Enquirer: 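Consider the following structure, which includes paracetamol.
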Amino acid sequence: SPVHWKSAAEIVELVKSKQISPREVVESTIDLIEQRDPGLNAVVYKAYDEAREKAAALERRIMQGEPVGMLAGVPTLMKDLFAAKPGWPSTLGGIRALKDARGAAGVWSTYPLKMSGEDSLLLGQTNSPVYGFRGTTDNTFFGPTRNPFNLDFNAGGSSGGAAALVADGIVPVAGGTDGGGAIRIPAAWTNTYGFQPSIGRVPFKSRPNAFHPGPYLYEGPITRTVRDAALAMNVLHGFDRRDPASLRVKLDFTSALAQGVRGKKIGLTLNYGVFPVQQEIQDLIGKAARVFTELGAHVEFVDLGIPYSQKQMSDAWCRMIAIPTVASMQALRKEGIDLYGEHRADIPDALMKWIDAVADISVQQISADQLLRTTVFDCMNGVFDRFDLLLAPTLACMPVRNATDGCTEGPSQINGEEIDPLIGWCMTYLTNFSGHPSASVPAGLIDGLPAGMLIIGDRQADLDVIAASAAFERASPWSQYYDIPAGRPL
Ligand SMILES: CC(=O)Nc1ccc(O)cc1
């Protein structure tokens, strides 16, 4: 294959130097998807002819010396969760009742708009759980997205299809969305790099309600290299007056790749003082943290002092996400797609529990959750009063086995403590409360399966996160572990 395992940086140079046509990039990527995706079950929509059309036009511009974009010829896919691209489907993570829906003219999600704007080629959409409402990827319409490191296990979620394609070498970058960790969760379970930007760094369009009570929502890349993530972030970030959090700031993310971390003060936590975390993960992260000490950074353990239990916090997150989920379900029912009645089977019971719970949620309850959120925000800020960076495990547990009922979920206990199987073990959701940028960096393998370390920066310190990530990547590479999916039976 001319493109299998090639980086985005490599493909851009192959295309711009005219070593390979955009046409061949598309046909070769299609070959890989048809050959390798049957096992992964990561792709839920194929836009092959559209990509072929775009490649023909890109090829003409290249041969004629007309202007081309920063990501010219890079193949990618977007996530099927609140997906908006004209003419494309949007099933909200495998809701069968929505299978015939198609995007209206002029309405775009950020990832497909901006990536295609710089001449990346969109080949289709990737699998997500229903309404993104769990840290695994499975649903009863498309099924589970499986882990390239072991297909008996789940890829993670909700951006599981995105991470699976990237970890299997099929595309160098894929788009994720993140409301409780969905860029970072599947990255951790698949040995890939998931970058969740500062709130307001990448435009997020929430309509009809831009002022909803949900957590911070992000769009961001999943890649195999930090450089590819920096390139994608150069495209994705930027001012958009229609996002009420948007930052009117221009950055060069590639400028941070060679910065290093010498002299940086780094805080370390193994469980944020409140989560049950599998011991093997704690040990791996303790080792990973010491990589920064060899690089000239000063690392020490920190206590965030979070006064809430992890169950209180996951319950609050579920209610926060459920309110806009309910708004969507009510809107759909008004347009003739009734997920409460006729198509109730399309909604997982675990989700409907929260849908029912917030149907007439009181202002007192809304307020209590906002107070919790504020407390977590301030606990995070307390760290960045004194430290440059915070390190933690991305997740409290290793990948789970796929179920056969379309409802793969996480564990309901870790170390004998009860934990919410949908999101409780996804410690990532703290930054959806707080707004800080963070990235999941591959920390190694435990019994042949990947585990991630989360690097968190100060508010708007995206470049610090990139700098630390690239430094770690150099000193503690993870690319060798791709030998496992590269050699898997097809
Ligand atoms: C795990 C997670 O982030 N889920 C999720 C992602 C996007 C969204 O809009 C709602 C929920």
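Numbers in chain A track the PDB entry; the residues on display, in order, are 6-495. Every number for a ligand or one of its atoms is a count from 1 in the order of the listing. According to its header, the structure was obtained by X-ray crystallography, 1.7 Å. Note that these values count all heavy atoms, side chains included, but never hydrogens, waters or copies made by symmetry.
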Enquirer: Give the name, as used in the PDB entry, of the chain with the most heavy-atom contacts to paracetamol.
Expert: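 The largest share of contacts goes to Aryl acylamidase.
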Enquirer: Under 4.0 Å from any heavy atom of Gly186, which atoms of paracetamol are there?
Expert: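 This gives 3 (O) as the contact atoms.
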Enquirer: Using a strict 4.0 Å cut-off to heavy atoms of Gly185, name the atoms of paracetamol that fall inside it.
Expert: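 Listed by number with element: 2 (C), 3 (O).
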Enquirer: Applying a 4.0 Å heavy-atom criterion (strictly less than), which segment of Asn437 is in contact with paracetamol: side chain, backbone, both, or neither?
Expert: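 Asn437 to paracetamol: no contact under 4.0 Å from either part.
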Enquirer: Does paracetamol come near enough to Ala187 that some N or O of the ligand is less than 3.5 Å from an N or O of the residue?
Expert: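 Between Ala187 and paracetamol, an N or O pair is found under 3.5 Å apart.
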Enquirer: Measure the distance from atom 7 (C) of paracetamol to every protein heavy atom, then report the residue, atom name and distance (to 0.1 Å) of the closest one.
Expert: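 The closest one turns out to be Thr182 OG1, 3.4 Å.
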Enquirer: Which of the atoms in paracetamol, numbered in the order shown and given with their element, are less than 4.0 Å from a heavy-atom of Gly184?
Expert: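 The atoms of paracetamol under 4.0 Å from a heavy atom of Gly184 are 2 (C), 3 (O), 5 (C), 6 (C), 7 (C).
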Enquirer: Per the deposited model, what residue and atom form a covalent bond to paracetamol?
Expert: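 There is no covalent bond to a chain.
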Enquirer: Can you list the atoms of paracetamol that are under 4.0 Å from a heavy atom of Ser163?
Expert: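 Counting from 1, the qualifying ligand atoms are 2 (C), 4 (N), 5 (C), 6 (C).
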Enquirer: Check each atom of paracetamol against the heavy atoms of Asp183 and keep those under 4.0 Å away; list them by number with element.
Expert: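 Answer, ordered by atom number: 3 (O).
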Enquirer: What protein heavy atom sits nearest atom 5 (C) of paracetamol, and how far off is it?
Expert: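 Protein heavy atom at minimum distance: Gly137 O, 3.5 Å.
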Enquirer: Suppose we measure from atom 8 (C) of paracetamol to each protein heavy atom; which comes out shortest, and what is that distance?
Expert: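 Of every protein heavy atom, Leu86 CD2, 4.0 Å lies nearest to atom 8 (C) of paracetamol.
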Enquirer: Would you say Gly140 touches paracetamol, if touching means a heavy atom closer than 4.0 Å?
Expert: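 Flag not set, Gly140 not near paracetamol.
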Enquirer: For paracetamol, which residues in other chains have any heavy atom nearer than 4.0 Å?
Expert: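 Heavy-atom contacts: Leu86, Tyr136, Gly137, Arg139, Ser163, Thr182, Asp183, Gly184, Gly185, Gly186, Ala187, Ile428.
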Enquirer: Could you go through paracetamol and note, for every N or O atom, any protein N or O atom closer than 3.5 angstrom, writing the atom names and distance to 0.1 Å, or 'none'?
Expert:
residue: paracetamol; atom: 3 (O); partner: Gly184; partner atom: N; Å: 2.7
residue: paracetamol; atom: 3 (O); partner: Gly185; partner atom: N; Å: 2.7
residue: paracetamol; atom: 3 (O); partner: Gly186; partner atom: N; Å: 3.4
residue: paracetamol; atom: 3 (O); partner: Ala187; partner atom: N; Å: 3.1
residue: paracetamol; atom: 4 (N); partner: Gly137; partner atom: O; Å: 2.8
residue: paracetamol; atom: 4 (N); partner: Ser163; partner atom: OG; Å: 3.4

